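Figure: structure with CB3717.
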Protein chains: 2
Amino acid sequence: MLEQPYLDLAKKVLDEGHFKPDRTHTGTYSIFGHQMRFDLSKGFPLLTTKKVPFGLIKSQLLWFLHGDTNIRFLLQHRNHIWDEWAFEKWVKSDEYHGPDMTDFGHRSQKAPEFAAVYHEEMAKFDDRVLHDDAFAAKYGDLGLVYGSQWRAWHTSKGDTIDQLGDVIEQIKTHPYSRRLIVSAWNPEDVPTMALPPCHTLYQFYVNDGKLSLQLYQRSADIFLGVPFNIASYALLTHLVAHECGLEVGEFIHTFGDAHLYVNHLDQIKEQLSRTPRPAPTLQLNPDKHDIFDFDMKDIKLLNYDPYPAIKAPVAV
Amino acid sequence: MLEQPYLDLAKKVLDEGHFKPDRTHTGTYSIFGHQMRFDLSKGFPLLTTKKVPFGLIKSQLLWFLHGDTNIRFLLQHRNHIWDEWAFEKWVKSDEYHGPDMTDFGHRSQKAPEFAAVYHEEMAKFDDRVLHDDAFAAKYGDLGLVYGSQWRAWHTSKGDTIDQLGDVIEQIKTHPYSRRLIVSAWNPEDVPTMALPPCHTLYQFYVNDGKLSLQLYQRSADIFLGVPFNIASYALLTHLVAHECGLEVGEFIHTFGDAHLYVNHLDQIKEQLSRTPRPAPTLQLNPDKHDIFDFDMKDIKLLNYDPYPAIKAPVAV
Ligand SMILES: C#CCN(Cc1ccc2[nH]c(N)nc(=O)c2c1)c1ccc(C(=O)N[C@@H](CCC(=O)O)C(=O)O)cc1
Ligand SMILES: C#CCN(Cc1ccc2[nH]c(N)nc(=O)c2c1)c1ccc(C(=O)N[C@@H](CCC(=O)O)C(=O)O)cc1
Ligand SMILES: O=c1[nH]c(=O)n([C@H]2C[C@H](O)[C@@H](COP(=O)(O)O)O2)cc1F
Ligand SMILES: O=c1[nH]c(=O)n([C@H]2C[C@H](O)[C@@H](COP(=O)(O)O)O2)cc1F
């Protein structure tokens, strides 16, 4: 079945896992080291044992897949996953001056009155962004995010290398090469960023005509973060092979610290009260080949019958 | 037993492996994706089923572990593993002008007369290096090799980040962090190098006082290259914990393309005619703490009873 992978990763953590403090409060139960593997020939591992929502996953990928470091496309696609860091880079400073708000969010996962401000002054924020190009360009252009990492490596001699572009042009001409990597971890930049890229390195592979991919994710939350991650990189592979004219092999997903949060383990146990159903299947439009173009009307997920969605608290 | 890992990786390739052309002639049998794991508490995985030689492994590590991009320390330590690329960057050019030699080596693994030249003009090379500082500094300073990758990241704003230094100072103060990485893959530099770093990324981990490490190696030869690699990173971990005052956890070693060469598979089958013996145990001197200092008289391997060494041809 395609998603038993997750359920044996998540099972093995609350069984083998050993406790660690984190970079917040809530403890983690962590394993270090896992290869999880999915056979893309017969699927698209979006969890049938918990609604996970393909729409925000597509948007986010597509944002990444064509330069963007600016949340104004994400906002205007009803997606707000990367919304708050834009507010941290602003609540703090010199145009804004308003509410209490310096530090919000965690103290809004359980708040005071906070909800009508963290939700209403960072409403006004995300609004001005979508309509004020000036404002968009500043407090909504996040800088360094996977988008500028894959498509824009800033180099010691002035300019930017579009790495993923180059690896999709190697996939075509030179298929069998052991070099087919996109790193997202740049040292000049990591004694700095809010989050360093959690999705560090991913190499690709052809062999027999179908493209595998492997992703080393350095820090992974078992419950909330790992559902989107399997699916995104699975969506990213389906898209590279429709470009490079290849079939689908594997999506292999490796880990450093796969960790569960102690504040959401009653909830993972409830997910294991469910048996996986038949796995869903994606569609990508034939009339669009340069993967760089896809809108939402170019990737269709079909026949996803999920079990009810299970809620958990971003403490980060 | 600690090295059955290798023998089930190497077994699984000539069994599951599927054929691929490479960046040379000789075909490969390759798997893509493996986590291999060793429990350093009870060992030091140097193969007992084939002599592998700790001396050249120590030298090479130590070279790496204190700035060097120059083979004059490697030469003067009777090690010549990185010797020939120094000769390719020279056979080719303007001080040298001598023998036929432009392209040598492969055509010396099976040569014409080649042996008394590839071996005698690149004798004269490695000699002048060890005695002529001028010459050392040029045709023996390899530039970018793991040494300048770990200890010298060249940055867009002028200077060099000593990454490994910084990660050993984080290991001390902040132990439990999901950030403890040293990448060796720099994009500005990889549309270029002879070999891109085969040992791309490695993150570390404490938890309960003993340090694990995990290495994603992008391209690995099963037979010749993978023996040194398990041991080096195992030696590298033993050294970080004696610095950071930690015990030893695991050494986890992940793969992209683990591949065997078709020209050395009679030879791997002969290694599997042997049962592993008791695994060897290393020593690191108590009076030397800054790992940055170790000479050869600071790491002792004890009680390594190996099976005879099994020879195989560098075609690259
Ligand atoms: C990328 C990026 C930046 N971020 C920020 C961020 C903050 C805390 C985190 N916490 C955990 N455990 N994992 C994460 O991936 C994570 C990411 C993201 C923002 C939201 C979601 C997300 O949709 N969360 C839940 C929604 C339910 C809820 O909390 O109310 C989900 O659908 O699973 C994922 C990533
Ligand atoms: C690092 C680096 C650069 N290099 C260059 C280089 C060239 C061809 C290769 N071929 C293979 N299969 N794997 C490699 O790691 C490799 C590396 C190295 C040079 C020598 C050895 C080595 O000692 N080889 C054999 C020696 C026996 C022989 O060939 O006569 C061994 O001990 O296993 C390893 C790495
Ligand atoms: O440190 C090294 N490791 C390594 O394994 N090789 C070789 C053999 C390996 O199989 C190949 C990597 O494949 P590619 O041909 O893509 O470089 O280079 C060379 C080195 F310098
Ligand atoms: O893309 C992302 N992935 C991710 O998982 N996180 C979170 C949750 C994860 O557990 C943590 C990574 O650990 P660290 O605290 O070391 O950053 O950051 C945030 C993102 F933006």
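Simply put, chain letters go A, B, ... down the sequence lines. Following the PDB entry, chain A residues are numbered 1-316, in order. What you see of chain B is 1-316, where the numbers are those given in the PDB entry. When a ligand or atom number is given, it counts from 1 through the structure's own listing order. Below, all heavy atoms of this structure are taken into account, side chains as well, without hydrogens, waters or symmetry copies.
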Check your understanding: Where in this structure can CB3717 be found, counting every copy?
Key -> ligands 1 and 2
Practice item. Give the name, as used in UniProt, of the chain with the most heavy-atom contacts to CB3717 (ligand 1). Key: Thymidylate synthase
Check your understanding: Heavy atoms under 4.0 Å from CB3717 (ligand 1): which other chains do they belong to?
Key -> A
Practice item. Would you check whether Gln60(A) reaches within less than 4.0 Å of CB3717 (ligand 1), judged by its heavy atoms? Key: yes
Exercise for review: Report the member of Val314(A), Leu195(A), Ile81(A) with the shortest heavy-atom distance to atom 5 (C) of CB3717 (ligand 1).
Suggested key: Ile81(A)
Check your understanding: Side chain, backbone, both or neither: which part of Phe223(A) comes within less than 4.0 Å of CB3717 (ligand 1) when only heavy atoms are counted?
Key -> neither
Point to revise | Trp85(A) contact mode with CB3717 (ligand 1) (heavy-atom cut-off under 4.0 Å) | key: neither
**Study point:** Top protein contact for atom 1 (C) of CB3717 (ligand 1), by heavy-atom distance
**Key:** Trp82(A) CZ2, 2.9 Å
Check your understanding: Below 3.5 angstrom, do we get any N/O pair linking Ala312(A) and CB3717 (ligand 1)?
Key -> yes
Check your understanding: Is a covalent adduct between CB3717 (ligand 1) and a chain modeled, and at which residue and atom?
Key -> none
Practice item. Within a distance under 4.0 Å of any heavy atom of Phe228(A), pick out the atoms of CB3717 (ligand 1) and give their elements. Key: 22 (C), 23 (O), 31 (C), 32 (O), 33 (O)
Point to revise | Identity and separation of the nearest protein heavy atom to atom 24 (N) of CB3717 (ligand 1) | key: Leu224(A) CD2, 4.1 Å
Review point. Is atom 30 (O) of CB3717 (ligand 1) close to the protein, meaning a heavy atom under 4.0 Å from it?
Key: no
Exercise for review: Considering only protein heavy atoms, determine whether one is less than 4.0 Å from atom 7 (C) of CB3717 (ligand 1).
Suggested key: yes
**Study point:** Which segment of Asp221(A) sits under 4.0 Å of CB3717 (ligand 1) when only heavy atoms are counted
**Key:** side chain
Exercise for review: Give the residues of chain A annotated by UniProt as dUMP-binding that have any non-hydrogen atom less than 4.0 Å from CB3717 (ligand 1).
Suggested key: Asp221(A)
Practice item. Answer yes or no for atom 19 (C) of CB3717 (ligand 1): protein heavy atom present at a distance under 4.0 Å? Key: yes
Check your understanding: Which organism does the PDB annotate as the origin of chain A?
Key -> Lactobacillus casei
Check your understanding: Which of the UniProt active-site residues in chain A lies nearest CB3717 (ligand 1), and what minimal heavy-atom distance separates them, to the nearest angstrom?
Key -> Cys198(A), 7 Å
Review point. Heavy-atom distance from atom 3 (C) of CB3717 (ligand 1) to the protein below 4.0 Å?
Key: yes
Check your understanding: Which residues make up the contact shell of CB3717 (ligand 1) at 4.0 Å, heavy atoms only?
Key -> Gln60(A), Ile81(A), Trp82(A), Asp221(A), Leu224(A), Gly225(A), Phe228(A), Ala312(A), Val314(A), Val316(A)
